[PDB]
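Overview of a structure with dexamethasone.
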Amino acid sequence: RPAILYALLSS
Amino acid sequence: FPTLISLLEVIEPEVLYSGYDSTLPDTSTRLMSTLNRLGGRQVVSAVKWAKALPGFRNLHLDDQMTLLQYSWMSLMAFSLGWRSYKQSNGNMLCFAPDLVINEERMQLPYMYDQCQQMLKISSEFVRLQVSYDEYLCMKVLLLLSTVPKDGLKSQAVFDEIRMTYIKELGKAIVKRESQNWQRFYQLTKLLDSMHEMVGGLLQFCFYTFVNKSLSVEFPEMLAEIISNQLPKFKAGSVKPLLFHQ
Ligand SMILES: C[C@@H]1C[C@H]2[C@@H]3CCC4=CC(=O)C=C[C@]4(C)[C@@]3(F)[C@@H](O)C[C@]2(C)[C@@]1(O)C(=O)CO
């Protein structure tokens, strides 16, 4: 899981 | 009140600058390094853009991630094609206002091949005389054009969102002066060919990423994305959604 991507997508 | 198309226009990210130091001659390694970092930051913008895109956040989170990871390159490449279109009529590559690559700078050994396929994208805007609104619509459609062979978690939500922006594209065409049918054929044909041309860019990219002996640096954002997306592409487990066969 791309952590930065995910972090962006969940506020 | 408000129209979808004016929402597209308003959520479109401002053009980012590269900070490239051109005091001393271009090295291909360090130009690619600078581009990758510009790239990371543009992807970060793309993520904020997509979150603001009506319908997108109805998708399952994992599906939001997948779409962004699968299409980031075609987004970045298309928007590059747009900046090169309006900025230099597709003559030069306008990566940023402070990083334009003309014929000379391209002659960098490693650069020429990749640069031609990027130039091929802007010439298409020139040839088809794509309007801003047409571009904005085609851009979301790229974000929704590359899916897992196994489909998405939110397939029916997805299918609908795709439909809406397909119709938004119809509207941008009609809005722009009977044969609107032909335009749609060409525009959707342009979207189709992106898969091929973006193919090559993604090839070089995985290459430069995989082959660490090359000294081409990637920011975390891209590295996380590439290293997750690579196995999926190599396993041939992703699929392009085409308008024509
Ligand atoms: C040919 C490829 C494709 C290139 C990308 C093409 C799309 C793009 C447009 C930009 O406005 C800025 C960065 C990117 C997103 C990019 F230009 C850089 O990241 C470098 C890149 C991956 C590449 O030059 C490399 O693989 C070198 O590492």
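Here is how names work: the chains are called A, B, and so on, in the same order as the sequence lines, proteins then strands, and each is numbered from 1. We use all heavy atoms of the structure for the numbers below, so side chains are in, but hydrogens, waters and symmetry mates are not. Every number for a ligand or one of its atoms is a count from 1 in the order of the listing. Technique stated in the header: X-ray crystallography, 2.2 Å.
In the deposited model, most contacts to dexamethasone involve the chain that the PDB entry calls Ancestral Glucocorticoid Receptor2.
At a heavy-atom cut-off of 4.0 Å, the other chains in contact with dexamethasone are listed as B. Residue B:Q117 places no heavy atom under 4.0 Å from dexamethasone. For atom 12 (C) of dexamethasone, the closest non-hydrogen atom of the protein is B:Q42 OE1, 3.2 Å. Contacts with dexamethasone closer than 4.0 Å are made by side-chain heavy atoms of B:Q114 only, the backbone lying farther away. There is a protein heavy atom less than 4.0 angstrom from atom 10 (C) of dexamethasone. The protein heavy atom nearest to atom 6 (C) of dexamethasone is B:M73 SD, 3.8 Å.
When each atom of dexamethasone is checked for a heavy atom of B:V216 under 4.0 Å away, the hits are 28 (O). Here B:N36 has heavy atoms under 4.0 Å from dexamethasone in both its backbone and its side chain. Regarding atom 26 (O) of dexamethasone, its nearest protein heavy-atom neighbour is B:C205 CA, 3.2 Å. The shortest heavy-atom distance from B:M118 to dexamethasone is under 4.0 Å. The N/O atoms of B:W72, backbone and side chain alike, include none that comes under 3.5 Å of an N/O atom in dexamethasone.
Dexamethasone lies less than 4.0 angstrom from a heavy atom belonging to B:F218. Using a 4.0 Å heavy-atom cut-off, the binding site of dexamethasone is formed by B:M32, B:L35, B:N36, B:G39, B:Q42, B:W72, B:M73, B:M76, B:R83, B:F95, B:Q114, B:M118, B:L201, B:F204, B:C205, B:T208, B:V216, B:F218.
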For dexamethasone, run through the N/O pairs with the protein that fall under 3.5 Å and put one pair on each line.
{"residue": "dexamethasone", "atom": "11 (O)", "partner": "B:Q42", "partner atom": "OE1", "Å": "3.1"}
{"residue": "dexamethasone", "atom": "11 (O)", "partner": "B:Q42", "partner atom": "NE2", "Å": "3.1"}
{"residue": "dexamethasone", "atom": "11 (O)", "partner": "B:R83", "partner atom": "NH2", "Å": "2.7"}
{"residue": "dexamethasone", "atom": "19 (O)", "partner": "B:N36", "partner atom": "OD1", "Å": "3.0"}
{"residue": "dexamethasone", "atom": "24 (O)", "partner": "B:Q114", "partner atom": "OE1", "Å": "3.1"}
{"residue": "dexamethasone", "atom": "26 (O)", "partner": "B:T208", "partner atom": "OG1", "Å": "3.3"}
{"residue": "dexamethasone", "atom": "28 (O)", "partner": "B:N36", "partner atom": "ND2", "Å": "3.0"}
{"residue": "dexamethasone", "atom": "28 (O)", "partner": "B:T208", "partner atom": "OG1", "Å": "3.0"}

